[PDB]
Participant: 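First the structure, then my questions, so here it is.
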Amino acid sequence: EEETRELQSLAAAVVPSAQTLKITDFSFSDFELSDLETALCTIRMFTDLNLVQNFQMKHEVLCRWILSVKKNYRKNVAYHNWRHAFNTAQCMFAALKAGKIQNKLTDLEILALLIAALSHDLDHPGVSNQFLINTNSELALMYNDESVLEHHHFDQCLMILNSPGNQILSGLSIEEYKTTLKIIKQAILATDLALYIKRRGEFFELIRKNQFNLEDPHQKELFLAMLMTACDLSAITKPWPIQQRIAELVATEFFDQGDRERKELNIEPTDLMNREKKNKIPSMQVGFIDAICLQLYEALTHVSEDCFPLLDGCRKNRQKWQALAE
Ligand SMILES: CCCc1nc(C)c2c(=O)nc(-c3cc(S(=O)(=O)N4CCN(CC)CC4)ccc3OCC)[nH]n12
Ligand SMILES: [Mg+2]
Ligand SMILES: [Zn+2]
């Protein structure tokens, strides 16, 4: 069995230090790492956040769970694949450690965030929520057109967590388990950009007015959602060579959806899904940064100044894209 071999290889390998793996760096790149190495990085993230120790995770179970998560991403989807999920978790790790966000959260919240980050795009088909609704996909029918992809991702997450030999939450009490699942679901649903756009104004206003208070349960939940989005979109903050590469992957996925819309819906795709409008990418990236990204990274820096590198990188990438749009 090809999978039992993968499991043994992973379980027997040494876990290099966080320093060696560079996973505390906001500028981290997975490009030169093998699949096995990304799995080892993932073990190191769980380990250095004290999750293995505090929740008594069995090494073998953690290894299998990480392998189940990775295998449940589609290798044929250009951007929303295991590497995106892995990078999102890495950004979460960096924000918690280098950005000092770990001191503001509970162990259960950190556990949920890391699991959620790794699991948030599980089995992503490479098409948008609106595409799924307009084509009457089984997913859209299943979830009544509401955060379709995100409900699917959480259901896939739960399926992995409840499957034999992958139960990494077996060391939690029942009350802890129920709490953790509730947070994971909210954290995964938060990655629906429509929900981010809907909820972020409250967060930005609380920050502007110096009223942000993490002891208020609603504000804590709001913050966790915002942090999920910050990590989900973090490729936009990477050094230029990395961001330019990831942007090509994002455009590939979009153009592939546009091809599907041409054949299956017999429509002309919008500019962002139109491969013929490839020349417009730079201005669309500037638009994405201005409307979606910049305000979030600005707000996060007010929460913790040590998260500044995310804002800095985002600003630098805006300058490079704007230069290419003239
Ligand atoms: C859903 C992809 C979110 C995302 N992550 C990253 C790193 C990127 C990136 O670099 N660039 C794009 C990105 C975002 C927009 S957008 O802001 O206008 N917008 C279009 C519709 N979408 C999806 C439903 C919401 C926002 C437009 C073009 C984009 O990329 C072109 C390569 N989006 N993106
Ligand atoms: Mg998603
Ligand atoms: Zn994502």
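Each residue takes its place number in the sequence, starting with 1. For ligands, and for the atoms within them, numbers begin at 1 and follow the listed sequence. Both backbone and side-chain heavy atoms feed into the values below; hydrogens, waters and symmetry mates do not.
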Participant: I need the drug at ligand 1; it's one of vardenafil, ulipristal acetate, zanubrutinib, palbociclib, oxytetracycline. Which?
Facilitator: vardenafil
Participant: I keep wondering which chain grabs vardenafil the most here. What name does UniProt give it?
Facilitator: cGMP-specific 3',5'-cyclic phosphodiesterase
Participant: Show the binding site of vardenafil at 4.0 Å, heavy-atom contacts only.
Facilitator: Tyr79, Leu233, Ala235, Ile236, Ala247, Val250, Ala251, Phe254, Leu272, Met284, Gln285, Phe288
Participant: I'm curious how vardenafil sits relative to the natural ligand site. Which residues UniProt lists as binding Mg(2+) in chain A have a heavy atom closer than 4.0 Å to it?
Facilitator: none
Participant: Write out the residue and atom name of the closest protein heavy atom to atom 25 (C) of vardenafil, then the distance separating them to 0.1 Å.
Facilitator: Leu193 CD1, 4.1 Å
Participant: In which UniProt domain of chain A do most residues touching vardenafil lie?
Facilitator: PDEase
Participant: Return the residue and heavy-atom distance (to 1 Å) for the UniProt active-site residue of chain A nearest to vardenafil.
Facilitator: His80, 4 Å
Participant: Give the residue and atom name of whichever protein heavy atom lies nearest to atom 10 (O) of vardenafil, and the separation in Å to one decimal.
Facilitator: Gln285 NE2, 3.0 Å
Participant: I need the atoms of vardenafil closer than 4.0 Å to a non-hydrogen atom of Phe254, numbered in the order shown.
Facilitator: 29 (C), 30 (O)
Participant: Counting each atom of vardenafil from 1 as listed, which ones have a heavy atom of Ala235 under 4.0 Å away?
Facilitator: 7 (C)
Participant: Just to confirm my output: which protein heavy-atom neighbour is closest to atom 34 (N) of vardenafil, and how far is it?
Facilitator: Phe288 CZ, 3.5 Å
Participant: Which atoms of vardenafil are found less than 4.0 Å from any heavy atom of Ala247?
Facilitator: 32 (C)
Participant: Between vardenafil and the protein, give all atom pairs where both partners are nitrogen or oxygen and the distance is under 3.5 Å, as lines of names plus distance to 0.1 Å.
Facilitator:
unit_1	atom_1	unit_2	atom_2	d
vardenafil	10 (O)	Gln285	NE2	3.0
vardenafil	11 (N)	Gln285	OE1	2.7
vardenafil	30 (O)	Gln285	OE1	2.9

